[PDB]
Amino acid sequence: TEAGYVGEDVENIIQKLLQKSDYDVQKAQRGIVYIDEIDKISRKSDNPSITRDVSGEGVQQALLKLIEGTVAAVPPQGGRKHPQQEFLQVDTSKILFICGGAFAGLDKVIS
Amino acid sequence: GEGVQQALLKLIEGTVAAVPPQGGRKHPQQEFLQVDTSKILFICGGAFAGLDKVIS
Amino acid sequence: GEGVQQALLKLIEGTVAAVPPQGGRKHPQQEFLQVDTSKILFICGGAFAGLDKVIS
Amino acid sequence: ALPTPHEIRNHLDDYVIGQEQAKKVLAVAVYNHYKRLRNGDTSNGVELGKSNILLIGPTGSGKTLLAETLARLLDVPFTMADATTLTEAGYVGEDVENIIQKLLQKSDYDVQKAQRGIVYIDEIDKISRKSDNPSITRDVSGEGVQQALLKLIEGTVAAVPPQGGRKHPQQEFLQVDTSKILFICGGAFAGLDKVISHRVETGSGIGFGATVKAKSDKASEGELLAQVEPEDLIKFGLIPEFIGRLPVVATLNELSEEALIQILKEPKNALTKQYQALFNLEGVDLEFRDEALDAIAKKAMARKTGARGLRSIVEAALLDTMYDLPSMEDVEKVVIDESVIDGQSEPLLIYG
Amino acid sequence: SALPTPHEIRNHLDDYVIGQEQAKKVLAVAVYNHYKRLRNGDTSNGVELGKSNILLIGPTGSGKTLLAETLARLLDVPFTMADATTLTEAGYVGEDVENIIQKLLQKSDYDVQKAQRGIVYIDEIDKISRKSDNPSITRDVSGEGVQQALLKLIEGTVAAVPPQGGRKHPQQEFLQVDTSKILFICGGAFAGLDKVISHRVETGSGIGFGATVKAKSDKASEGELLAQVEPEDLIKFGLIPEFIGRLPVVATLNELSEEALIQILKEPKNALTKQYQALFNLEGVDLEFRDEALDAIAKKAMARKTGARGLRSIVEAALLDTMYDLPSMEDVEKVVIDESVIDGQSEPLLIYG
Amino acid sequence: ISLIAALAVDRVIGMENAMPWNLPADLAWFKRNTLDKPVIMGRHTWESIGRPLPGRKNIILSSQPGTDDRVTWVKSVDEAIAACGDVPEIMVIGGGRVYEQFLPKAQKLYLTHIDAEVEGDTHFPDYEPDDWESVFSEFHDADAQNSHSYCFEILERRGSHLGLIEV
Ligand SMILES: CN(Cc1cnc2nc(N)nc(N)c2n1)c1ccc(C(=O)N[C@@H](CCC(=O)O)C(=O)O)cc1
Ligand SMILES: Nc1ncnc2c1ncn2[C@@H]1O[C@H](COP(=O)(O)OP(=O)(O)OP(=O)(O)O)[C@@H](O)[C@H]1O
Ligand SMILES: Nc1ncnc2c1ncn2[C@@H]1O[C@H](COP(=O)(O)OP(=O)(O)OP(=O)(O)O)[C@@H](O)[C@H]1O
Ligand SMILES: [Mg+2]
Ligand SMILES: [Mg+2]
């Protein structure tokens, strides 16, 4: 979900990558990611932009800089690290990001 | 709705979840202790009111 | 949305922001450094998808 | 001796141009505060109160500008705030008590001076609740901030964080009274004009007996804002308790084409003068013809951003000029005419 | 002991507040109750008396907070005023309810006896009526959460009261303080309660010829609705039922009328007219307010819907122009304000001398 | 991480110089809440104690290199927080360099609020008067043998965040 809400944030993705990279930013900056179900965050034909689709367009608007490269604000701590204000900085300009979905209905659009 | 059924779709087939390590008097582990959900028998029940007619 | 716009109105013009004093050289325990922002050039950027129709 | 309101108004006209009403409200308010401080012994049964002002003006009118100008002439501690940062008590966001903290820093720990000061809470219109209807969720940044400020305006003893201002070694929370501190709020209240129209204008409907204006004869935003009443502010999302703590209500008027022309040359730090300094520090003179100013005024009105609109018009007219002129040689002065503002012609640079 | 009587104190409260007879009497009897309790500490003789916690419900500008300030002048026991909007649950970075007793100790001079015999006025009690739609993720640091702590404190429980702290530490004596003998006065303008009370007492309207349809002028005021308040109404507002039960006496104020407003302008010790008259005389000018103009101001204030606070708006506006040029002009002796000035069609005449 | 300490008036606790009071009441409570815990001591504190502490996983955070093995020696704050790891409680008891370096990463603060009036160059940083809320209260008013007070307290910090849920 978009930032400032009860759901999850797009920076959590980078937190899981550190658990597997022994909290080594250098190694974490050269890892691969796979975002499953990328077809469920697609606008439900709401082209007029009636309301804020924090689960759809809202999540897509937050990844536009993660896939390209930006100084992400990693969650306070999900490892040995005791403090929270540290807000570990990481660059995502060399981190591959795979995205998979089923896009149920796209076959009709193509035809 | 459909969204709630989508999240559970993964949990039942393995997920490295992040659970706060607390409630057991300050658990020594403080790294969002993981739990593999690919070995837990998920006995999902329910009373499908109407299925009897659908089948007939 | 609007909430983020309402907070930058004073920043882009000038205010006294408080930065958490952690790291570097941040001697003040709780005397949050006052950084005037009346001389900081801000360069926003966006795609504004859909604005073309409004103009048309 | 104490300064008279007329003197204050002169100080306020060096920087602002075209707001007569606001200059009086602030002048009398300061006059009252100055005498309310000298007479601190209160040698009379009466308990002199205080009146809080609420400057309501459209975008780019000089709300924040006036507050800054006041700090130049007055002597007592003055502070500025931003209501968008304030949050209800008990959250990571800033607390209302921080205001006094910032006031103590400007007061030099002189509690007596701090107990008689003037605050200027800006962006007071962004903290307005969703609507008069009850709030389904706790609006930490909305009502919470308003309800938390109620006691500060009527009077209370805020607990300011210790080891601050001009005292590092302190543990006992310093106490300060907020019964003699004039809090001058200020906001833009965009969207209020519609609320005001629903009261000042009635009968609008379809039929032979209804009322229709076509926006040609309809009153302007400034006119509507001068008829604002507390009942209107409640619709905007301001709890009635908050408005009651702000008895005085000063309304600004949307700048006029004539006034915009005066803002370019009369003020002490007028926009034009700022640009002239740039061209002058590098070694070139700059002047603007009277006809040029008139064109700029008309274009700015279209932007609906007040004096801020001017900077856009000026920057565009000389954008290309300011990019190539630094490299040009044998140049002594530049002159911009009305034609340059529309693009039909190009600035005539006087070589030498 | 118990030297002051209810009638005596009522004559002192009327010097500052005009009206609210029920509120004055309720505050009077409860004040006297505490004094009668003081005779033997907590009326320990046989049957033990319950508390007299009051619940002040009044519109804005009615005189709720004013009553607390004027009452303290005539009182002898320590009295501390606290705002319910600055209290947060224990542990958080915000203030804790425990500090309320600390404030009282300052008035009490750290005297445990005098401390437990003080009065605690909690203003803005209507601001912690939890409105959240059962999220359960986080807590209401400025809602129900605080009530749970304040409720256990009023029913009578030992309180953590660290000594003043002149030195680096107060040695955490945390002397227990009994709150069974302390008197609590919770107040605040429950903005919106009128609608809640309306539904319970709503006669119900229809559309035909036999329905009960009334115009806006023919409706009931919040003051009248408040008088018919019941505890159930407070629960809907977002208050714990146990909390309101602890406060048996509920005092409902009455919306001020034109007559009441005219008196407030001239009769009170520190009325608005006297306030402006004092500073006008401090500069060396006499001001006279005709009775005709006074009623005009009240008519305008009744439309602002801000109670007595509306009055200052009308006056400041009327005298804004006058107060701006008056300090510069000379040869001025007195000023007289007429009804026309309030309307805005005339300018106050000056007695040049 | 809990920075157990006393913060004697003027922060005169004493690490470079052997503890002035050296009272059993302060060492008993210490031992009680430190046994087997990775107490991150330091060079100045090691000088004043010296004696290997039974059980306690001593970690001497020293600017110089490590010599002894019985009691571990660490040089960097990263190496000091790595040895202990993520255990539920770390009783950092080292020098001022250690005390202040670990202050940004402290959750609890087992204070003792001693009153002993001494002087020196070893001091502790300041403590947030509002963030650190005292949850535990135990009075240990100065006794005949216990020259000054040794009031044990526990502190912690908490904060709230909104969620702004929609539909
Ligand atoms: C310098 N110093 C640090 C010290 C002293 N008192 C404290 N008291 C408290 N509450 N907390 C501490 N951080 C603390 N630290 C000392 C001094 C002696 C011993 C000591 O000899 N401890 C004994 C315990 C006492 C005993 O049984 O002999 C042991 O066997 O480990 C340790 C720490
Ligand atoms: N009457 C005026 N005379 C001269 N300059 C003005 C005037 N009004 C606005 N300005 C210009 O606009 C800027 C100030 O903007 P202004 O204070 O009107 O914003 P604001 O409406 O107070 O913002 P906010 O909505 O946050 O209160 C200054 O840089 C100033 O040069
Ligand atoms: N009956 C009265 N007589 C004289 N003055 C009054 C009266 N009622 C209110 N006032 C004036 O109003 C101010 C006090 O406001 P009041 O205590 O009514 O606010 P409140 O209703 O407690 O606020 P809230 O609704 O937020 O609780 C004082 O300055 C006082 O002069
Ligand atoms: Mg401004
Ligand atoms: Mg009040």
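Chain naming here is simple, since letters A, B, ... match the order of the sequence lines and numbering starts at 1 in each. Side chains included, hydrogens not; waters and symmetry mates left out as well; all remaining heavy atoms used. This depiction is restricted to one part of the PDB entry, and every contact reported falls within that part. Remember, it's 1-based here, ligands and their atoms both numbered in the order they're listed.
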**Student:** Give the PDB name of the drug at ligand 1.
**Tutor:**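 The PDB calls it methotrexate.
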**Student:** By the naming in the PDB entry, what macromolecule does methotrexate (ligand 1) touch most in this deposit?
**Tutor:**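 The chief chain, as the PDB entry names it, is Dihydrofolate reductase.
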**Student:** Which chain letters come up when looking for other chains with a heavy atom under 4.0 Å from methotrexate (ligand 1)?
**Tutor:**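 The other chains with a heavy atom that near are F.
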